[PDB]
Peer 1: 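This entry shows cemiplimab within the model.
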Amino acid sequence: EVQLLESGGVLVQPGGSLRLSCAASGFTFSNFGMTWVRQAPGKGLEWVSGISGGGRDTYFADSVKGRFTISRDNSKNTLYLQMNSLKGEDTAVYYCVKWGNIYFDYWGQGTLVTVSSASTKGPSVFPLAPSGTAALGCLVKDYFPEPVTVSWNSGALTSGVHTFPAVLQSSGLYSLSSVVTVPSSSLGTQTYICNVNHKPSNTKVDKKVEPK
Amino acid sequence: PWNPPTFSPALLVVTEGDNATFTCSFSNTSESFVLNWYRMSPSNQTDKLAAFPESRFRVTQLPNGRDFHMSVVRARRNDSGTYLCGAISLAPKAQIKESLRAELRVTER
Amino acid sequence: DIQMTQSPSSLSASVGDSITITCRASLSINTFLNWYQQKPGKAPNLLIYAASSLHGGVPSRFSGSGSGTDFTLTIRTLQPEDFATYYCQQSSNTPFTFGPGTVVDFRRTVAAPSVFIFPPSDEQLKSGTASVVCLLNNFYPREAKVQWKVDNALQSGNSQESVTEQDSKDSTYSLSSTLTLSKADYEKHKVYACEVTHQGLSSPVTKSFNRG
């Protein structure tokens, strides 16, 4: 019955400003305190801010005091997070969570906020050529921001596929590899294509990977 | 700093099938709290009947924000027993304080 | 701020096992202590509140105990859907704080990595950078170490690693290590090697190639 739907996560320049919203349903919204919790990629959970049912009490983590503001509109069952003077370490998934009690009983699926001065850019896709079992792959390098999806042969190759979580490079651009193991017997007759999609730059690449 | 809630009257007597209303009174420093209504069994186990903010057990806040009606609707004979309320602040410091216990006596029609 | 710690940081267990995770608060928090589960790619969900109360809908094989500073989460007859990360959280004092998390993965048999090394593609060399990729495929347990040597010189500072989630079918992990160099630096050296250490190997393994 309970639904929390976050929206608003985008790429924003450091020092800028951004408002997240969360639409709630399945419970009497105004009867319940509300909370925001965030998770930076690969890290744990950090409580951000909370607000009472009537809106008169607010609470903040020290890392966001003087910068973030929490509010709500009971007339449209909506919770807000006003994020001002953003810093790079504010990059995280932001979860909307119900807080009427000594626990957090329901969490939305989150929205990803990216704070960075790097500019949006589609990836460069390079081949990882095979040189009983053979390994091959695609290097998906220098894209920004997250996310990218990868498949092989439009989904016909899934067994033995490993698409790694992206790393943030020292340049501030992301990179990942997707690799797969295939029988060496097949290499001279089978075609291996990696399909890469990067919605933030409207980029689509189909890179065919060949013995070298 | 705040003293535990009071739960009144110490003995409430009603007859079978009528409504029984206790009043739990609690001085609110803010609105980050929950107020629970408990029944204590003779074996000293406690069961939560209802909570504010929110069946036959109802909790309503009175306009002074301090007093709460806690009502058993169509009270049955086996509703006779021991009741109390407990207030929990949620922030900035969580704590629970229970009231002194009261008795409901529900008599045969 | 109340500091939450958890022990152990990760553990391996079999279906049907009973395990316990430990949580410690740096100050007394009575029973204001919650436990959450999180699986990769999704929001956390509440398991235990008030340190021993089971959230409605959670299987009864989960339980919690403790008060004051030391708390325990026990999962009996561990089921395949219980392999996840577990966090404790104090609700005693703002700022609310979460433990660092404990990962529970599935204990399969030790499996050594198959190790592959990929030179940079000629396509990438055209752009002026060179990535060398070392792939550790389908190993268990997760702990592994990868070291790079270029013409015997130990490389540090210029590589990044990424690790997959545990596989659903064979319960293994894979890892990639990417070594980034300029094109000019790449073309000054001859032998590129990654050395891999893993408890499944009776010795470190070194895979290498000669540029050219």
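Lettering of chains proceeds alphabetically from A, tracking the sequence lines in order. Numbering of chain A is taken from the PDB entry, so the residues present carry the numbers 1-131, 138-218, in order. Here chain B follows the PDB entry for its numbers: 31-84, 93-147, in order, are the residues you see. In chain C, numbers come from the PDB entry; the residues present are 1-212, in order. Heavy-atom basis, side chains included; hydrogens, waters and symmetry copies ignored.
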Peer 1: Point out each ligand or chain corresponding to cemiplimab.
Peer 2: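 Including duplicates, the model places it at chains A and C.
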Peer 1: Could you tell me the main partner of cemiplimab (chains A and C) here, using whatever name UniProt has for it?
Peer 2: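 The largest share of contacts goes to Programmed cell death protein 1.
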Peer 1: Heavy-atom pairs under 4.5 Å with chain B - which of A:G50, A:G33, A:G54 has more of them than the others?
Peer 2: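 That would be A:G54.
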Peer 1: Which organism is cited as the source of chain B in this PDB entry?
Peer 2: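 The entry lists the organism as Homo sapiens.
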Peer 1: Which chain of cemiplimab (chains A and C) outnumbers the rest in heavy-atom pairs under 4.5 Å with chain B?
Peer 2: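 With the most heavy-atom pairs, it is chain A.
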Peer 1: Which bit of A:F32 is near chain B, if near means a heavy-atom gap under 4.5 Å: side chain, backbone, both or neither?
Peer 2: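 The side chain, not the backbone.
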Peer 1: Where does B:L128 contact chain A (cemiplimab) at under 4.5 Å (heavy atoms): side chain, backbone, both or neither?
Peer 2: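 Both parts, heavy atoms under 4.5 Å.
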Peer 1: Curious here: most residues of chain B touching cemiplimab (chains A and C), which UniProt domain are they in?
Peer 2: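 Most contacts sit in UniProt domain Ig-like V-type.
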Peer 1: Working on an epitope table here. For cemiplimab (chains A and C) on chain B, which residues make the 4.5 Å heavy-atom cut?
Peer 2: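 By heavy atoms, the residues are B:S60, B:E61, B:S62, B:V64, B:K78, B:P83, B:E84, B:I126, B:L128, B:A129, B:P130, B:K131, B:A132, B:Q133, B:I134.
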Peer 1: Name every residue of antibody cemiplimab (chains A and C) within 4.5 Å of chain B, counting heavy atoms only.
Peer 2: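 The heavy-atom paratope is A:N31, A:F32, A:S52, A:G53, A:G54, A:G55, A:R56, A:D57, A:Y59, A:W99, A:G100, A:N101, A:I102, C:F32, C:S91, C:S92, C:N93, C:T94, C:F96.
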Peer 1: Per the PDB, what name belongs to chain C?
Peer 2: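 The entry calls it light chain.
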